[PDB]
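Bound complex of Ficolin-2 and N-acetylcysteine.
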Amino acid sequence: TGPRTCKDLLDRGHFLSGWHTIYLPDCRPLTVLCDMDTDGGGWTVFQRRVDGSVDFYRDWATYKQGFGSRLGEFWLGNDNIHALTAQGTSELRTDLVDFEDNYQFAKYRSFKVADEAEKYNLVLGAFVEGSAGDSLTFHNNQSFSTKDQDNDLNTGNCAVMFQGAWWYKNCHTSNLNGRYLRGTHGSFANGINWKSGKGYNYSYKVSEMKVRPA
Amino acid sequence: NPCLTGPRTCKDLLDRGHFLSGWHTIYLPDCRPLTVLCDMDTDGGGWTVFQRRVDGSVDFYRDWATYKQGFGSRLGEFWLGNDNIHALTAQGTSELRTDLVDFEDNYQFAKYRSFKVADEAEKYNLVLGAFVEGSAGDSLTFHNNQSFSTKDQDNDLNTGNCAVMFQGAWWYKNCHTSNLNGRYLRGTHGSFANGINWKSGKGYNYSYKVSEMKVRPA
Amino acid sequence: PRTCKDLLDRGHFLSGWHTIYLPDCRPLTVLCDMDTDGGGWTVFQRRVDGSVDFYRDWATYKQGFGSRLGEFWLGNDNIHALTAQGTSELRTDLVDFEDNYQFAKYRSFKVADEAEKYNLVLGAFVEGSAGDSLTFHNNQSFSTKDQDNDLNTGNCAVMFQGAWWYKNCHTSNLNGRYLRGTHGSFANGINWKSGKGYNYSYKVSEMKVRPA
Ligand SMILES: *[C@@H]1O[C@H](CO)[C@@H](O[C@@H]2O[C@H](CO)[C@@H](O)[C@H](O)[C@H]2NC(C)=O)[C@H](O)[C@H]1NC(C)=O
Ligand SMILES: CC(=O)N[C@@H](CS)C(=O)O
Ligand SMILES: CC(=O)N[C@@H](CS)C(=O)O
Ligand SMILES: CC(=O)N[C@@H](CS)C(=O)O
Ligand SMILES: CC(=O)N[C@@H](CS)C(=O)O
Ligand SMILES: CC(=O)N[C@@H](CS)C(=O)O
Ligand SMILES: CC(=O)N[C@@H](CS)C(=O)O
Ligand SMILES: [Ca+2]
Ligand SMILES: [Ca+2]
Ligand SMILES: [Ca+2]
């Protein structure tokens, strides 16, 4: 048939990382970023923060379809992300870089997101390994919330209090779609924050969330 | 049959459900395929970007032939080329937006009702519609209905050579008030108006960090 | 389209990833430098920011590694395939941390297949402000940390943290560590000895081929 993941492509001898066009179960094309280097390679990347050039404080319609630049930061979009994580079993990996260049990460057994009707519900496996600690199981079975759509289990607005979008609760222990605040920041838990990573007051330089059939 | 069944613009591609910026190949009026950068993010999406400065890696002080055909890198800085820019904006009405960024991460912009450049025979004459809006202020209306000039081909209205004088390439009049193809001078410079300058923006003595020029069907 | 020069001829004036066809007609996406010295160069190595680790083994250099988005080594099999039929000039481009440019050029450039240990076959130096720091390495095997093929009793890949056609050991070390300017450490950076010497590591390095 044809390539359906970055796993396929790597196996087919595409060894350099970059944008490749894979085929959704639905088929229908869809060009994605492939990380062929990290942890044996073949990861499809749906989120990337690198320099704070793209504004992530976006609404529902935008997160649905995705936004950003293949040239920089981006969200692959929730419909795509669902299509992508729906049919085998993908394992999520997160990669975080502080402004020292100390890498830290988190690996998870499985990773699925429900369709838009299910509100892009997070179905997270269990923390495997990762020097950044588990700052995401906390958000299991919890709908995705955006500025123009409050779904969080909180009386106020998590998306707005911490200026981001996430599967918020009351509210978060992770906030990778938050403000790009450049290292330690006075403001509270509103940067690119990994609770168990560098706490609620440090915003990483680099954030990447990627998948790969386990 | 791909000339017939492909997209004509970055707008078409947005319509067909490409929401990420990047290089897509579109088909020009003469059926010729061309790979352009689509900015799908800014002010609505569907812009075809034709110039981009960002880090000063590419040298923009080039002769006529090179501006004609295009030069640079999809990976970074670039000019799409005068023939292409003309073919883009010939049959139809396209609006132009200018995006700018300084070294303290201020974003500004300027937008224009229409934007057309003639063919080479007409020396890529600029035909600029009215200023719509922008925090950058207007620094392009001044250059309306002027020829494009390079160092090795002078078509301005200055007794001298603007392109040489201000080390760029533009629809120079006498001489300029914007100079987005000037030297990558990195913030405030001591040299006069030879940077990537937008006069109503940060004047003749500050060169921006980023510049982008893009078109969308009006 | 069989090379980047073909593509330039067909009106592709911007540098970027295009897919060409290997002489056996296998497709391969390569970086085409359409700007330098007349354009048409297929790029097979690139350092620029120090984000990729170049201190790799034989398998990894054989197949290629890195990102289209940044730094990479096209892979030895591909570099062989590319320089297999005909004659290809080599250009080495170097940029320092004051943005000064230096280059080197060579009449011809060929690397043998894996059997002959990706042996280096180089033509005459023609010119370049970096000076000739590659001829010294002509007719040598490629070495990595795990497969030592040099003419030194020790391991050169390990001694100078890179991968090259090491003799005893090197006068160029472009796959060395990204050390960022002048370094006290001896000869283990992105080093071109006739250029900035054994103690300066360049900001940018590119190695490219084009039909002669
Ligand atoms: C664009 O500029 C040209 C000159 O390059 C203008 O030409 C002049 O136009 C006026 C009419 O208002 C004539 O009286 C002059 O004699 C013309 N000079 C030349 C050299 O032809 C032209 O008018 C401008 N066009 C527009 C649309 O403003
Ligand atoms: C905004 C951005 O990240 N773009 C750069 C990243 S290297 C580019 O590829 O030109
Ligand atoms: C951020 C980046 O890479 N630039 C985009 C704007 S979203 C572009 O104009 O192509
Ligand atoms: C022909 C042209 O414009 N290119 C020149 C600089 S003017 C060059 O890079 O050698
Ligand atoms: C990215 C590349 O290979 N070349 C660029 C700058 S070196 C260019 O064509 O201007
Ligand atoms: C190329 C290289 O060194 N690879 C190592 C890990 S980086 C290996 O697992 O064999
Ligand atoms: C966009 C960019 O320059 N980053 C490269 C670094 S080698 C990458 O994504 O791998
Ligand atoms: Ca609420
Ligand atoms: Ca003049
Ligand atoms: Ca040895």
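So you know, we letter chains A, B, ... as the sequences are listed, proteins then strands, and number each from 1. Structure method, as recorded: X-ray crystallography, 2.8 Å. Counting convention: from 1, in listed order, for ligands and their atoms alike.
- N-acetylcysteine, all copies counted: located at ligands 2, 3, 4, 5, 6 and 7.
- For N-acetylcysteine (ligand 2), the other chains with a heavy atom below 4.0 Å are labelled A, B.
- Short-range neighbours of N-acetylcysteine (ligand 2) under 4.0 Å, ligands and ions only: ligand 3 (N-acetylcysteine), ligand 7 (N-acetylcysteine).
- For N-acetylcysteine (ligand 2), the main contacting UniProt domain of chain A is Fibrinogen C-terminal.
- Judged by heavy-atom distance, the UniProt carbohydrate-binding residues in chain A that approach N-acetylcysteine (ligand 2) within 4.0 Å amount to none.
- Binding site of N-acetylcysteine (ligand 2), heavy atoms within 4.0 Å: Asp51(A), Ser53(A), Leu71(A), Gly72(A), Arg52(B), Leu75(B).
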